[PDB]
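In the model that follows, one finds clomifene.
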Amino acid sequence: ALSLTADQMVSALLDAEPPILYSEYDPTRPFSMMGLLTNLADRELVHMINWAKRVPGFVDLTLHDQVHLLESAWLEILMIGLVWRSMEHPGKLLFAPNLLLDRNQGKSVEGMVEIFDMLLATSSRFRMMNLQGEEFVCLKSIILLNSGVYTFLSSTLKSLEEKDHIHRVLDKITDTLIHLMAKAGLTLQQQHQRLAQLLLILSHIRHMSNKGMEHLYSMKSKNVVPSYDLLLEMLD
Amino acid sequence: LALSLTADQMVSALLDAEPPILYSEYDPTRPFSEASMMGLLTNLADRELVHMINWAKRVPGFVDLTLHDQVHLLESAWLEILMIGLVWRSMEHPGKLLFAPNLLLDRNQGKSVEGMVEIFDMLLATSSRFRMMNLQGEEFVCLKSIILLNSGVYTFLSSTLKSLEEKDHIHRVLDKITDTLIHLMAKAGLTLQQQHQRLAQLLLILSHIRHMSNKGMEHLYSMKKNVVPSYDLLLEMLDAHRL
Ligand SMILES: CCN(CC)CCOc1ccc(/C(=C(/Cl)c2ccccc2)c2ccccc2)cc1
Ligand SMILES: CCN(CC)CCOc1ccc(/C(=C(/Cl)c2ccccc2)c2ccccc2)cc1
């Protein structure tokens, strides 16, 4: 599937997009913050596995490596999705269409408003850059392929082939991002510049995931961080 | 006035601003298993940080920022910058980390402190990736300046007119480093496709470097020691003389 043209790559990613889910609270009852966020994330994760298997090249990998990639990336992917759908809602986070929250509403869990603030800034940055949908799906696929690629625990022949593949798929997505920017009329300089600005935002998204992963682990709750086996059970 | 700088001028500036490679301070005539490995890394890092401040002030456009914003950027970036330095000078030493010329450690030596072999393994993998990519010195200095300028830019948390202007400037300087990276690549004869593919490959490694810094910072905080540089320390070091 690295024979795909740039336009075929975009279409495939656009097709693979997960749906927008709703929060599960009774809207007729008075308005747990973590509870709502957790159920939302749970349900999104199932759809994320579905999406991942539709990212060109992903199912070419071993099941083990697919799990490793998702294990490393799942919160980054949830967060970029959140930031994307929040883009046109300054100062708020659209967790769900029935759950649009501001930073003050985040101040009811310790350490949450700090995370909310980081997400809001990323959304602002997306707005400034006028991030497009076709660019977003590319960046999201890059996260899936990239975040875990430096932490493969082996140098077996197969693992070398797997890493080679991952980097070839990533190069294809780079080629596609550039194409999108060419299609929109950006100059060559502008193209490289925007590529860089987009990819640099991924470091901040990594950062936000790390801070959030710290929170989930501090809870000392058994099922809160997805196990290898859960991911394995879903992917197979 | 560093936005007028050319691509070759930008590289030259950055190469000239490079900090020195420091040596570990242990008595080499003394038994090795005495020394605390966290002790050695901490002292090395302390000394490196001073040189980092002076390097930062020589990154084109960095001293055009407010002192508060300079501090914020370094507060965010300092461990990423130490780590990319480490990974760079380890590039030519497979399976080892060259903390200093007289302190070249493997992953087994990192098993000294619990939780540290995991970080060593990530650093080693980064170094291996640099090796695979045949990372050049001029590309290295560009990436390191990008880390300095980019890592804290999303967390200023001021929307004053001044802060807007500061962020605009940071992104203009970043754009210029991007132009510089591309120029280097075109100079080396890479096709346009190869140029944008390698730019992306290099920038994606920065996310893993962020990751490594976060895991490292988790450790330093876990110690419950003054081991994380305070704002006031960074301010004290940056807010200097000219006497
Ligand atoms: C295995 C079961 N797990 C993961 C699915 C339960 C899910 O735990 C959570 C997963 C994600 C989030 C979350 C955010 Cl922003 C968050 C993370 C950490 C600390 C504070 C906030 C978020 C929720 C929805 C969309 C985007 C982000 C919260 C709990
Ligand atoms: C007192 C304030 N700071 C000074 C920065 C002290 C900060 O202590 C340390 C700073 C850096 C390192 C360090 C590594 Cl790789 C590390 C970090 C966390 C856990 C395990 C290892 C490193 C050292 C030198 C070069 C590259 C990396 C260790 C202690």
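Note: chain IDs run A, B, ... matching the order in which the sequence lines appear. For chain A, we keep the numbers from the PDB entry: what you see runs 307-337, 341-545, in order. The numbers used for chain B are those of the PDB entry, and the residues that appear cover 306-529, 531-549, in sequence. The way this entry was determined, per its header, is X-ray crystallography, 1.6 Å. FYI, side chains are in, hydrogens and waters are out, and symmetry mates aren't considered; it's all heavy atoms of this structure. Atoms within each ligand, like the ligands themselves, are counted from 1 in listed order.
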Most-contacted chain near clomifene (ligand 1) (per UniProt): Estrogen receptor
Other-chain heavy-atom contacts under 4.0 Å with clomifene (ligand 1): A
Test of proximity, A/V533 against clomifene (ligand 1): N or O pairs below 3.5 Å: yes
Atoms of clomifene (ligand 1) close to A/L387 [distance to a heavy atom under 4.0 angstrom, numbered from 1]: 26 (C)
UniProt domain holding most chain A contacts with clomifene (ligand 1): NR LBD
Contact atoms of clomifene (ligand 1), heavy-atom distance to A/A350 under 4.0 Å: 5 (C), 7 (C), 10 (C), 11 (C)
Sub-4.0 Å atoms of clomifene (ligand 1) with respect to non-hydrogen atoms of A/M343: 29 (C)
Subset of clomifene (ligand 1) atoms that lie under 4.0 Å from at least one heavy atom of A/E353: 25 (C)
Numbered atoms of clomifene (ligand 1) (with element) below 4.0 Å of A/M421, judged on heavy atoms: 20 (C)
Contact atoms of clomifene (ligand 1), heavy-atom distance to A/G521 under 4.0 Å: 18 (C)
